[PDB]
A.B. asks: 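Structure with fosfomycin attached for reference.
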Amino acid sequence: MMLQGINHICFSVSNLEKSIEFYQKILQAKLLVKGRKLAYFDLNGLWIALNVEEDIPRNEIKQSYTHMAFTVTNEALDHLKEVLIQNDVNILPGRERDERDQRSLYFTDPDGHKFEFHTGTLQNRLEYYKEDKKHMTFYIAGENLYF
Amino acid sequence: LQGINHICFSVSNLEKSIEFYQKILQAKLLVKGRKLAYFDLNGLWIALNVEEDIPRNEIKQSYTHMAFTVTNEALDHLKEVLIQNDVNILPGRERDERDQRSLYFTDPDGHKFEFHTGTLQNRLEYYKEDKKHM
Ligand SMILES: C[C@@H]1O[C@@H]1P(=O)(O)O
Ligand SMILES: C[C@@H]1O[C@@H]1P(=O)(O)O
Ligand SMILES: [Zn+2]
Ligand SMILES: [Zn+2]
């Protein structure tokens with residue numbers, strides 16, 4: 001039957017020791033336990049796992065726009081971009097934006113998993129597209145016309 | 001960080017993936033477009049963006065996946081949903097009983113998902129109980 005909500009995310013990593021420092025520093029995840037092949041994090045109530053897969057091809061992932069986004073404020077976005085620069089993170093060129101899309105930062109973990117810091121919400125994105133829609137509406141049936 | 005904003009999956013065929021996300025993950029469609037679709041799944045903003053031209057073969061070797069919470073009988077029923085919809089079911093990893101029950105599968109483009117019947121706390125305890133034992 002029904003799915004109740006998100007349970008956990010698992011990331012395949014090639015280096016447990018370096019991936020831990022990435023997820024702690026860049027994503028501010030709180031390490032809960034670690035072995036030699038696993039690490040569990042709490043990220044604001046979200047269970048995140050790192051599972052080691054030592055030698056797999058990780059080149060095609062760079063070509064896929066599949067990504068995970070986290071919410072930050074505008075001042076936080078600018079703090080984080082500097083943090084990502086001083087911590088040597090691969091920062092992706094994002095797509096062209098509209099100002100109504102709200103600002104974003106795209107980047108990857110040491111194994112190519114794409115992440116995003118976003119200032120907007122689903123609200124805005126739907127409020128965006130709906131305003132665009134209203135722009136193309138000239139006759140509102142039900143309205144009373146003069147003549 | 002304020003938590004998860006949204007998750008985006010690159011798909012090759014929009015209508016084919018939209019059905020998957022509708023029928024398998026039970027996500028509620030909000031809006032479609034030429035190369036996009038937005039859902040709401042248990043309060044999560046799920047987005048699909050289409051990219052037809054890219055190679056999607058190496059994604060098979062990575063254990064990277066996203067898990068959703070289900071009850072044990074939801075899992076039983078969901079297993080037949082997968083099979084009936086010819087969903088790419090992966091055989092599970094070796095599990096202790098305290099691992100709780102799971103079912104792993106992929107969407108048409110190789111993104112891996114899991115229906116899981118446990119919690120992190122369930123798992124931490126199974127790990128902690130191991131320490132207590134020793
Ligand atoms: C919970 C971490 O994702 C791994 P599992 O699903 O193999 O337990
Ligand atoms: C919101 C859907 O993920 C895409 P975007 O990040 O390019 O806007
Ligand atoms: Zn995004
Ligand atoms: Zn899992």
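By convention in this document, chain letters (A, B, ...) are assigned in the order of the sequence lines, proteins followed by strands, and residues within each chain are numbered from 1. In what follows, every heavy atom counts, from backbone to side chain, and hydrogens, waters and symmetry copies are set aside. One-based numbering, in listed order, for ligands and for the atoms of each.
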A.B. asks: If I want every copy of fosfomycin, which ligands or chains do I look at?
C.D. replies: ligands 1 and 2
A.B. asks: Mind checking which chain fosfomycin (ligand 2) touches most? I'd like its name from the PDB entry.
C.D. replies: Metallothiol transferase FosB 2
A.B. asks: So, around fosfomycin (ligand 2), which other chains have a heavy atom under 4.0 Å away?
C.D. replies: A, B
A.B. asks: If you look at the UniProt active-site residues for chain A, which lies nearest to fosfomycin (ligand 2), and how many Å separate them by heavy atoms, rounded to 1 Å?
C.D. replies: A:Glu116, 3 Å
A.B. asks: Of the residues in chain A that UniProt says bind Mg(2+), which ones have a non-hydrogen atom under 4.0 Å from fosfomycin (ligand 2)?
C.D. replies: A:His67, A:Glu116
A.B. asks: So if I count the atoms of fosfomycin (ligand 2) from 1 in the order they appear, which ones are less than 4.0 Å from some heavy atom of B:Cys8?
C.D. replies: 3 (O), 4 (C)
A.B. asks: What atoms in fosfomycin (ligand 2) come closer than 4.0 Å to a heavy atom of B:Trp45?
C.D. replies: 1 (C)
A.B. asks: Does A:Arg95, backbone or side chain, put an N or O under 3.5 Å from an N or O of fosfomycin (ligand 2)?
C.D. replies: yes
A.B. asks: Hey, does B:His6 come in under 3.5 Å of fosfomycin (ligand 2), counting only N/O atoms on both sides?
C.D. replies: yes
A.B. asks: Hey, which atoms in fosfomycin (ligand 2) end up nearer than 4.0 Å to a heavy atom of A:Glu116?
C.D. replies: 6 (O)
A.B. asks: Would you mind listing which atoms of fosfomycin (ligand 2) come within a distance below 4.0 Å of any non-hydrogen atom of A:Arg125?
C.D. replies: 1 (C), 8 (O)
A.B. asks: Give the UniProt domain of chain A containing most of the residues in contact with fosfomycin (ligand 2).
C.D. replies: VOC
A.B. asks: What lies under 4.0 Å from fosfomycin (ligand 2), among the other ligands and ions?
C.D. replies: ligand 3 (zinc ion)
A.B. asks: Looking only at distances, please establish whether an N/O atom of fosfomycin (ligand 2) is found under 3.5 Å from an N/O atom of B:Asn49.
C.D. replies: no
A.B. asks: Is there any N or O on B:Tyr38 that sits under 3.5 Å from an N or O of fosfomycin (ligand 2)?
C.D. replies: no
A.B. asks: Just to confirm my output: which protein heavy-atom neighbour is closest to atom 6 (O) of fosfomycin (ligand 2), and how far is it?
C.D. replies: A:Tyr106 OH, 2.8 Å
A.B. asks: Identify the closest protein heavy atom to atom 7 (O) of fosfomycin (ligand 2): which residue and atom is it, and at what distance?
C.D. replies: A:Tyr65 OH, 2.6 Å
A.B. asks: Output the list of atoms in fosfomycin (ligand 2) that are nearer than 4.0 Å to some heavy atom of B:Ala47, sorted by atom number.
C.D. replies: 2 (C)
A.B. asks: Does A:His67 reach fosfomycin (ligand 2), in the sense of a heavy atom lying below 4.0 Å from it?
C.D. replies: yes
A.B. asks: Extract every residue of other chains having a heavy atom under 4.0 Å from fosfomycin (ligand 2).
C.D. replies: A:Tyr65, A:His67, A:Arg95, A:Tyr106, A:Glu116, A:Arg125, B:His6, B:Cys8, B:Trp45, B:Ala47, B:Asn49
